[PDB]
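Notes on a structure featuring tacrolimus.
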Protein chains: 2
Amino acid sequence: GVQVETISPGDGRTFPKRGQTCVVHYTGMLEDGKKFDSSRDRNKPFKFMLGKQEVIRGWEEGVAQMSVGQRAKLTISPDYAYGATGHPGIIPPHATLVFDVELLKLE
Amino acid sequence: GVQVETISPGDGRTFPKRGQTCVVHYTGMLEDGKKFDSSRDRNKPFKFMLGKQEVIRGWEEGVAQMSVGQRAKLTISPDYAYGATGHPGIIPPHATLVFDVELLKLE
Ligand SMILES: C=CC[C@@H]1/C=C(\C)C[C@H](C)C[C@H](OC)[C@H]2O[C@@](O)(C(=O)C(=O)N3CCCC[C@H]3C(=O)O[C@H](/C(C)=C/[C@@H]3CC[C@@H](O)[C@H](OC)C3)[C@H](C)[C@@H](O)CC1=O)[C@H](C)C[C@@H]2OC
Ligand SMILES: C=CC[C@@H]1/C=C(\C)C[C@H](C)C[C@H](OC)[C@H]2O[C@@](O)(C(=O)C(=O)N3CCCC[C@H]3C(=O)O[C@H](/C(C)=C/[C@@H]3CC[C@@H](O)[C@H](OC)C3)[C@H](C)[C@@H](O)CC1=O)[C@H](C)C[C@@H]2OC
């Protein structure tokens, strides 16, 4: 599944609704902290919508539990990410993924 | 994991080696038989290589157990396919997949 550990608190009131656009900053790492990607590096937030198979399930369920402005570490089991296959040339089979995500705004 | 059920026997001697190119025909279906894709429809075999994260794990492990000319039904658990996420607008979360695959040749 997904585990959400808070780094910095959100507003405690504005949670993402299916059909809203979430704007985030994220860093993706293996369990040992090795970084594989970050929107922070690109200087451009990542935007996505809930309820449209636009992201791995771990995110769909993890982000939904965050409130605007919150910064959290999402730990995602392989079945809620890339499972036994992984993601070609970046993530190996059966990898639990760690993402540092900041929920910037909802639009 | 993956279960391989033979429809028609292969040569019983020529099994795919990592690094060889497999040429197949396949039909992908949900567990109720509903078809989502087929190379047969396109009149063009699908080619892929073992050991390069080019296909879902269920295929990587299923095809490796087939010999040239064999026709088999591969039943693949969600973690060996698209897991809890599915594949946008085609396969739902937590779906076991059925593929009718024919191993035409190795190159
Ligand atoms: C149209 C094609 C290009 C389109 C690419 C972009 C919009 C740019 C966007 C910044 C992607 C990043 O590109 C720099 C890059 O992000 C990773 O590095 C990453 O950190 C990651 O894991 N993310 C990204 C942040 C959200 C969670 C997760 C994800 O859900 O990503 C999604 C993902 C891969 C889902 C698959 C979809 C197929 C399902 O079958 C499978 O289910 C198992 C899960 C991405 C957002 C896709 O929806 C959309 C795309 O692919 C991946 C390791 C590889 C991925 O590049 C491809
Ligand atoms: C470069 C991009 C386009 C490139 C597309 C083609 C060469 C055309 C090729 C006929 C794909 C089909 O296009 C008509 C279509 O085949 C499906 O219909 C299907 O029957 C399927 O499941 N197949 C296809 C036959 C092999 C097994 C499986 C697969 O392994 O497919 C692979 C797959 C999706 C793997 C993901 C990869 C990311 C991992 O993170 C994830 O791990 C969870 C698993 C395909 C072969 C990818 O390697 C390469 C591509 O995507 C998918 C339901 C959706 C897929 O279209 C995208």
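The sequence lines fix the lettering, A, B, ..., with proteins before strands; numbering per chain opens at 1. Numbering of ligands and ligand atoms starts at 1, following listing order. Just the heavy atoms: all of them, side chains too, but no hydrogens, waters or symmetry mates, feed the values below.
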### Largest contact partner of tacrolimus (ligand 1) in terms of UniProt
Peptidyl-prolyl cis-trans isomerase FKBP1A
### Task
Note the other chains with a heavy atom under 4.0 Å from tacrolimus (ligand 1), by letter.
A, B
### Message
I'm trying to map the binding site of tacrolimus (ligand 1) - which residues have a heavy atom under 4.0 Å from it?
### Response
A:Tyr26, A:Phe36, A:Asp37, A:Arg42, A:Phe46, A:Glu54, A:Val55, A:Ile56, A:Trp59, A:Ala81, A:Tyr82, A:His87, A:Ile91, A:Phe99, B:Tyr82, B:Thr85, B:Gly86, B:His87, B:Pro88
### Query
Counting from 1, what tacrolimus (ligand 1) atoms have a heavy atom of A:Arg42 closer than 4.0 Å?
10 (C), 14 (C)
### Message
Is there a polar contact, in the sense of an N or O pair closer than 3.5 Å, between A:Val55 and tacrolimus (ligand 1)?
### Response
no
### Task
Do me a favour and list the nearest non-hydrogen protein atom to atom 40 (O) of tacrolimus (ligand 1) with residue, atom name and distance?
B:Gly86 O, 2.9 Å
### Query
So which protein heavy atom does atom 45 (C) of tacrolimus (ligand 1) come closest to, and at what separation?
A:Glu54 O, 4.2 Å
#### Entry: Nearest-contact summary for atom 37 (C) of tacrolimus (ligand 1) - protein heavy atom, Å
B:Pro88 CD, 4.5 Å
#### Entry: Polar proximity tacrolimus (ligand 1) side, A:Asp37 side, N/O cut 3.5 Å exclusive
yes
### Task
If you have a sec, work out which protein heavy atom is nearest atom 8 (C) of tacrolimus (ligand 1) and how many Å separate them, to one decimal?
A:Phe46 CE1, 4.8 Å
### Task
Identify which UniProt domain of chain A contributes most contacts to tacrolimus (ligand 1).
PPIase FKBP-type
### Task
Look up atom 2 (C) of tacrolimus (ligand 1) and tell me if a protein heavy atom lies less than 4.0 Å from it?
no
### Distance from atom 30 (O) of tacrolimus (ligand 1) to nearest protein heavy atom, with residue and atom
A:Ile56 N, 2.8 Å
### Query
Nearest protein heavy-atom contact for atom 11 (C) of tacrolimus (ligand 1): which residue, which atom, what distance?
A:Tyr26 OH, 4.6 Å
### Task
May I ask you to check if tacrolimus (ligand 1) and A:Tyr82 share an N or O to N or O distance below 3.5 Å?
yes
### Message
So, anything else - ligands, ions - within less than 4.0 Å of tacrolimus (ligand 1)?
### Response
ligand 2 (tacrolimus)
### Query
Short list, please: which atoms of tacrolimus (ligand 1) are under 4.0 Å from a heavy atom of A:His87?
54 (C)
